[PDB]
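Featured here: a structure holding levetiracetam.
Along the sequence shown, the residues carry numbers beginning at 1. When a ligand or atom number is given, it counts from 1 through the structure's own listing order.
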Amino acid sequence: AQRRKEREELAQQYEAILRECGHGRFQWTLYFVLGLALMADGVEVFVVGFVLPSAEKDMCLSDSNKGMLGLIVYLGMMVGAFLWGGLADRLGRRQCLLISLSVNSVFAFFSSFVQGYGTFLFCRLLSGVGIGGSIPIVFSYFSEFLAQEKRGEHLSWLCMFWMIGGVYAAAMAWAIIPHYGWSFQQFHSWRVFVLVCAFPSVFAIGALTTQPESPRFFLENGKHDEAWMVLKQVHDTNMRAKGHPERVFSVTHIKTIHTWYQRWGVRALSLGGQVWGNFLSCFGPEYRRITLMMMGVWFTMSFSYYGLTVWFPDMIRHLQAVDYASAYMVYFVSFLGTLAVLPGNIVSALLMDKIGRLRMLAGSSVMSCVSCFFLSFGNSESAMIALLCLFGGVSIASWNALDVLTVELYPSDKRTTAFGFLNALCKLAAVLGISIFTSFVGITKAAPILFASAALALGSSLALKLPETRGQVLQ
Ligand SMILES: CC[C@@H](C(N)=O)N1CCCC1=O
């Protein structure tokens, strides 16, 4: 009873303090800084989904090994999501984001120089473990600086960088890989592509070193003075940028809540116990129903999205093969599909707070479900490309709404743990969807459509039952 009341008081005072600081230069600087990490996540997603099948160049491996390589990095990302999301609730958002990005950058760098399939597989697995933390940490980290007024719109604009990362990866695949001359004694061009894909995470580390830790984490962990200094930094930056530097931060006091390797082991066991306690508390009676409905929504949406997104270019390739019998194309098709997301991002960001998260999610899910039925009439490659663009454009709004809803439905001391668990479930659903949808390619275009449509309808029916979070302080 007591702790919940104190945390509600803290939430209200934190809302009041963030209204004191206002929204401005600081939040947009942080927006770009974390956008770099979302871009790194998008680059990793593209590489794993479309290139890691050794599409043209590596080719030193059997087809079964191509499938394994194209999939187990998703297991790495699942493990990373759970690990870093759990740890960020105990060690801090900035700390865990820095360590996760350092791991990703280091092992991506290593994967460029390895000489064998197995070591490359291992390096990409660890890079996926590293990058898995970006989404759950980034979204909570940014949300903890936002007032309720336009929180949904501000979070929705964040997803632009994931699309930018996908576009970057596709364009770099187009530019670098075909240029086999960009090699030296053997340092083939795929090494250059792998190396250049690591730049966004290095820039993310560099930029992130400049930003402060989340003050909400400090207040939730008893460190009043550090949170006060960080909040005064936010206020002073925003007022200086707005031409009112003479304004003084009025906040006085903020409510707050409260051998070497053997010591390391003790610390590790304590941290594991705390993370497991948070995860289990996510299933307590006060969050049980929300947690299960979110699990279902996330799983069904991820299954449909990833299965269909990988199925599309394979179907286009099969159509082209059948036409001929009567790589670049995959990269260009993925590039167009990633570009098609931009209008949906713009519209959903502008309308998130106006129409609400629940209606956005349900309407976008229904639109995706009905646009799945159009694929029965995909009579040509042009039609299939157009329908891929349509599906992505309508579906991305569901993801934006789900991100905002996941941020707002959980408390600050569980936010990254719950988000990491749900994102690991998302990556598991991605693995399952890719594996199942790959089997149907060329055999039928009924099974994948029915699977995706049913999953989306189930997701919509589950989404319609979640509570509305507008007009409420960030619990
Ligand atoms: C950060 C973007 C991310 C998300 N919403 O979590 N997206 C976009 C569609 C596929 C996906 O996972």
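Contact analysis gives the chain with most pairs under 4.5 Å to levetiracetam (ligand 1) as the one the PDB entry calls Synaptic vesicle glycoprotein 2A.
Regarding atom 7 (N) of levetiracetam (ligand 1), its nearest protein heavy-atom neighbour is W399 CE3, 4.0 Å. Within the 4.0 Å heavy-atom criterion, the part of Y306 lying near levetiracetam (ligand 1) is the side chain and not the backbone. The closest approach between any non-hydrogen atom of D403 and levetiracetam (ligand 1) is below 4.0 Å. Only side-chain heavy atoms of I396 come within less than 4.0 Å of levetiracetam (ligand 1); its backbone N, CA, C and O stay farther off.
The organism that the entry gives for chain A is Homo sapiens. Of the heavy atoms in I135, only side-chain atoms (C-beta onward) come closer than 4.0 Å to levetiracetam (ligand 1). Contact between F161 and levetiracetam (ligand 1) is absent, with no heavy atom of the residue lying under 4.0 Å from the ligand. Under a 4.0 Å non-hydrogen cut-off, the residues that form the binding site of levetiracetam (ligand 1) are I135, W162, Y305, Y306, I396, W399, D403.
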